[PDB]
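Check out this one - acetazolamide stuck to carbonate dehydratase.
Here is how names work: the chains are called A, B, and so on, in the same order as the sequence lines, proteins then strands, and each is numbered from 1. Whatever order the structure lists ligands and atoms in, that order sets their numbers, starting from 1.
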4 protein chains.
Amino acid sequence: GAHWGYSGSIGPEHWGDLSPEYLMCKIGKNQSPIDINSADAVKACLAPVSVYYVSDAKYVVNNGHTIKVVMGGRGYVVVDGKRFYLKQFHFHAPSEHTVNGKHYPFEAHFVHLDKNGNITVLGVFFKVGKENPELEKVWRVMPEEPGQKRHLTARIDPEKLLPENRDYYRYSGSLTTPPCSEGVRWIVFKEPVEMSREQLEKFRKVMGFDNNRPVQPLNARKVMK
Amino acid sequence: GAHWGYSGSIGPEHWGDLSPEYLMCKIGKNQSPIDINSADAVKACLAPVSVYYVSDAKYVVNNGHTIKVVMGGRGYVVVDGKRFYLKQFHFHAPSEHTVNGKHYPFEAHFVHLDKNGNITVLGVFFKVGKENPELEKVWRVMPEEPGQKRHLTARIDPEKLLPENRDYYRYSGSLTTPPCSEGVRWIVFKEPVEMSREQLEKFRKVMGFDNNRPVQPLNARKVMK
Amino acid sequence: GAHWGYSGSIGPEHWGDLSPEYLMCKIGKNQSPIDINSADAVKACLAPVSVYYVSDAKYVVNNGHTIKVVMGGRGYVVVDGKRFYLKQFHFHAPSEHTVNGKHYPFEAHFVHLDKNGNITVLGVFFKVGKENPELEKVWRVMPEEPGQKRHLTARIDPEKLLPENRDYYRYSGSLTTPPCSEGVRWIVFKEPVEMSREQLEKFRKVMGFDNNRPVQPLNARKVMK
Amino acid sequence: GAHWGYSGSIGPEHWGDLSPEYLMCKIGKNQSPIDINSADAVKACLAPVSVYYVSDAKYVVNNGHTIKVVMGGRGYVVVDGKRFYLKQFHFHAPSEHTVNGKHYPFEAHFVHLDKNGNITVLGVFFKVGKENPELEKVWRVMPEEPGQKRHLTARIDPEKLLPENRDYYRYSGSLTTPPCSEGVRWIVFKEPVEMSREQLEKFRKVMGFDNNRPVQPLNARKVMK
Ligand SMILES: CC(=O)Nc1nnc(S(N)(=O)=O)s1
Ligand SMILES: CC(=O)Nc1nnc(S(N)(=O)=O)s1
Ligand SMILES: CC(=O)Nc1nnc(S(N)(=O)=O)s1
Ligand SMILES: CC(=O)Nc1nnc(S(N)(=O)=O)s1
Ligand SMILES: [Cl-]
Ligand SMILES: [Cl-]
Ligand SMILES: [Cl-]
Ligand SMILES: [Cl-]
Ligand SMILES: [Cl-]
Ligand SMILES: [Cl-]
Ligand SMILES: [Cl-]
Ligand SMILES: [Cl-]
Ligand SMILES: [Zn+2]
Ligand SMILES: [Zn+2]
Ligand SMILES: [Zn+2]
Ligand SMILES: [Zn+2]
């Protein structure tokens with residue numbers, strides 16, 4: 001795939017024109033992220049998303065578009081009665097999803113694959129408040145330059161990054177970076193978690209730019225709540 | 001666009017290869033029709049779909065892939081608080097959608113567009129029982145050869161083709177013929193209506209072939225019920 | 001308690017005056033049975049009612065107000081996460097509950113107690129159709145006179161009397177015979193099962209009178225569906 | 001009816017013994033208030049409760065068991081498609097209802113009657129925060145002694161006491177003071193509003209005692225959410 005970014009000639013509005021591989025950015029009708037209007041969402045009998053994570057975080061990488069924690073892939077969540085294995089988690093500032101037209105300052109994405117390669121992403125909003133103890137373990141060894149990897153000696157428990165309340169919005173969408181492939185299950189937790197002002201500012205300093213894709217039209221979709 | 005059909009080298013498994021315009025048949029992850037597994041569908045607080053149809057049928061046409069009644073476009077349904085205007089209705093045998101893995105013998109589609117060109121299709125299943133009086137009005141003047149159009153001798157009341165019970169399944173999908181464009185709202189009524197064996201046989205005889213696209217994978221979607 | 005019946009001076013409209021013990025018949029605001037208006041019922045995320053019955057039917061008794069099959073009490077259903085043990089099942093003609101103002105010709109009640117004596121009744125509607133094979137085992141030895149008991153040599157499987165579809169209406173109500181105690185959980189299956197005309201007529205012949213309490217006002221209650 | 005209170009020999013555990021008129025306190029199985037366990041509540045397709053209140057407050061009264069604002073009865077809410085007219089509102093500290101086993105410091109009740117005398121009570125929880133401007137209008141003229149009534153100097157807009165978010169819990173229950181009559185519709189708003197510590201302390205000082213009835217067992221009921 002061709003080089004892409006968050007501004008200039010290779011920014012989100014141009015992604016669909018950068019490569020034939022990125023065509024869904026241009027033609028897709030089921031794209032992510034979205035604004036979640038809570039009144040427009042349909043109240044629904046959604047199943048609990050059960051979490052069976054393990055502490056198998058291997059390293060943290062700065063890949064030039066996010067900070068990503070890479071996992072061994074043994075932990076999983078249960079969605080639609082199937083195991084989706086946690087491969088990695090990573091971060092955006094400001095939030096990619098909005099709620100009633102408003103951003104949160106930060107959003108984490110936990111990226112899972114089932115045995116057939118189907119993708120489920122769990123989304124967690126963060127607000128500025130108390131220092132997040134689990135996040136601090138990652139932040140302490142944040143790779144400051146693109147291309148850098150840092151081994152984790154501290155034991156990261158990814159379950160501790162999720163909100164205590166597990167209510168969520170669900171919809172069918174896409175990856176938020178090229179090639180923006182569709183057929184992705186989105187589980188967006190309603191309750192935000194806290195990070196310190198200092199934690200937010202370090203991420204923003206290291207990144208050096210905002211890394212959220214603009215919200216995309218719902219089209220025929222409904223969000224369930 | 002390129003010629004297509006329901007069998008052989010131009011059949012549904014090949015549509016995505018017949019024309020670059022038909023790419024979504026090949027790469028789409030939100031395609032129609034689908035199997036509706038009722039246990040897998042999510043019980044949800046779905047709004048009533050209000051129907052405000054008018055008797056403005058213009059003609060009936062045999063277009064080589066279905067029998068279609070063309071409307072004036074003044075009647076409408078309300079979905080997501082918006083007016084979707086009835087442009088035409090047409091027929092498939094056997095059914096395109098299945099329920100718990102089983103076909104109905106016949107399925108009608110009512111095709112609507114809102115003021116911005118967004119598409120909603122209402123689907124009505126038919127089972128063999130008593131002769132359908134409203135269907136008979138169209139069947140009496142059925143154009144027997146592809147390319148033929150006939151004037152309607154009786155007044156068509158399209159709402160009389162809908163089931164009395166208005167409970168429905170809803171999902172986001174596509175058109176079921178090339179180019180199989182996505183972003184289509186599907187409203188599939190749960191209760192079937194009746195047609196006579198003779199009515200079904202006249203349709204199958206005039207058509208000369210099955211005209212249902214095979215069901216497509218749900219992928220990330222849920223059906224609401 | 002005082003003598004009561006289904007007609008005359010001791011009939012349902014007088015039950016509240018027959019004994020101080022029967023006061024809830026007169027003053028209760030949460031009485032059973034009720035008319036279930038399906039449009040007025042609230043669509044709700046009701047849990048499956050899991051059935052763990054055993055074949056421990058002991059005898060059938062004609063107690064002068066119904067025909068009742070008495071169980072050993074080992075089988076149970078799960079409601080609100082608790083085990084409610086099946087103590088007995090018995091019958092009414094015509095139905096006690098109505099649906100949209102209409103009776104079924106027959107209704108069975110499966111009466112359960114949890115470990116603290118809380119009552120749950122499962123209601124099954126019957127319509128006239130094919131002979132019911134499981135019911136026939138009981139009907140073959142139906143005690144014809146009040147006061148008579150008949151031992152069951154045939155092995156009754158009460159699960160086979162429930163509908164195959166397990167969707168239900170739920171509401172909070174009362175026993176339908178004096179003392180009409182409240183705090184009773186009602187689970188009324190939506191789908192009826194069949195019995196033969198002959199089976200219905202034998203029950204009605206043996207009883208000699210209709211044994212349904214008139215429907216009672218919903219008052220502050222909602223039915224969930 | 002017999003004299004009753006919130007403590008000692010005339011307290012809530014004894015109400016059912018103080019008068020034959022108070023029998024439901026003792027024998028009722030659908031009593032209020034209750035603990036609302038949010039996980040045990042059933043997610044349901046509840047209709048919005050529309051509010052059409054008017055500024056028709058007549059006076060405020062200290063009646064020896066609460067502070068009550070008496071209304072003209074022209075304002076109303078719509079529940080089950082019917083108009084329930086606002087007759088009065090009053091206050092309890094600590095809260096009568098609990099949520100997940102915890103009290104709020106304060107609870108308001110808006111008491112409504114339909115044209116046939118059926119009762120609906122709307123409940124609003126308060127937490128300590130900023131001074132409540134609408135509450136202050138009443139608090140400024142609070143009658144300090146039982147039996148005293150005061151005219152209202154400012155115009156009372158009762159809708160301004162309701163939370164902005166109108167999501168609610170619903171159940172069927174009773175009045176929370178003798179005779180504790182059943183058949184009462186309860187609408188308990190999920191979102192609390194704020195009052196100052198000083199506002200709460202003035203209420204507790206004037207009252208001289210806690211005025212909440214203990215929570216009552218749910219028995220057969222479910223709470224909808
Ligand atoms: C390799 C990989 O994981 N790609 C992703 N692209 N976007 C993602 S997101 N922001 O939708 O979670 S994950
Ligand atoms: C011109 C037009 O309406 N095209 C359609 N193609 N498929 C349709 S369907 N079967 O999805 O309703 S409508
Ligand atoms: C002893 C016993 O079971 N009493 C009952 N009275 N009414 C019942 S019913 N019709 O409500 O199931 S059960
Ligand atoms: C006269 C009158 O309204 N009596 C009430 N008793 N309890 C009520 S409450 N706390 O249930 O709202 S209202
Ligand atoms: Cl990523
Ligand atoms: Cl480390
Ligand atoms: Cl068509
Ligand atoms: Cl019409
Ligand atoms: Cl009985
Ligand atoms: Cl036998
Ligand atoms: Cl009061
Ligand atoms: Cl007001
Ligand atoms: Zn992401
Ligand atoms: Zn069609
Ligand atoms: Zn019974
Ligand atoms: Zn009160």
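- Within the model, the positions assigned to acetazolamide, copies included, correspond to ligands 1, 2, 3 and 4.
- Using a 4.0 Å cut-off on heavy atoms, the other chains next to acetazolamide (ligand 2) are B.
- For acetazolamide (ligand 2), the residues with heavy atoms nearer than 4.0 Å are B:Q88, B:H90, B:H92, B:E96, B:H109, B:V111, B:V121, B:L175, B:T176, B:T177, B:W186.
- Residue-to-ligand polar distances place B:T176 within reach of acetazolamide (ligand 2): an N/O pair is separated by less than 3.5 Å.
- Numbered from 1 in the order shown, with element, the atoms of acetazolamide (ligand 2) that lie under 4.0 Å from a heavy atom of B:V111 read 12 (O), 13 (S).
- Looking at acetazolamide (ligand 2), you won't find any N or O of B:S174 less than 3.5 Å from one of its N or O atoms.
- Taking a cut-off of under 4.0 Å to the non-hydrogen atoms of B:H92, the atoms of acetazolamide (ligand 2) that pass are 10 (N).
- In terms of polar-atom proximity, B:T177 is counted as a contact of acetazolamide (ligand 2), with an N or O under 3.5 Å from an N or O of the ligand.
- Among all protein heavy atoms, the one lying closest to atom 12 (O) of acetazolamide (ligand 2) is B:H90 CE1, 3.2 Å.
- Ranking protein heavy atoms by distance to atom 3 (O) of acetazolamide (ligand 2), first place goes to B:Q88 NE2, 2.9 Å.
- Taking 4.0 Å as the limit, the other ligands and ions near acetazolamide (ligand 2) are ligand 7 (chloride ion), ligand 14 (zinc ion).
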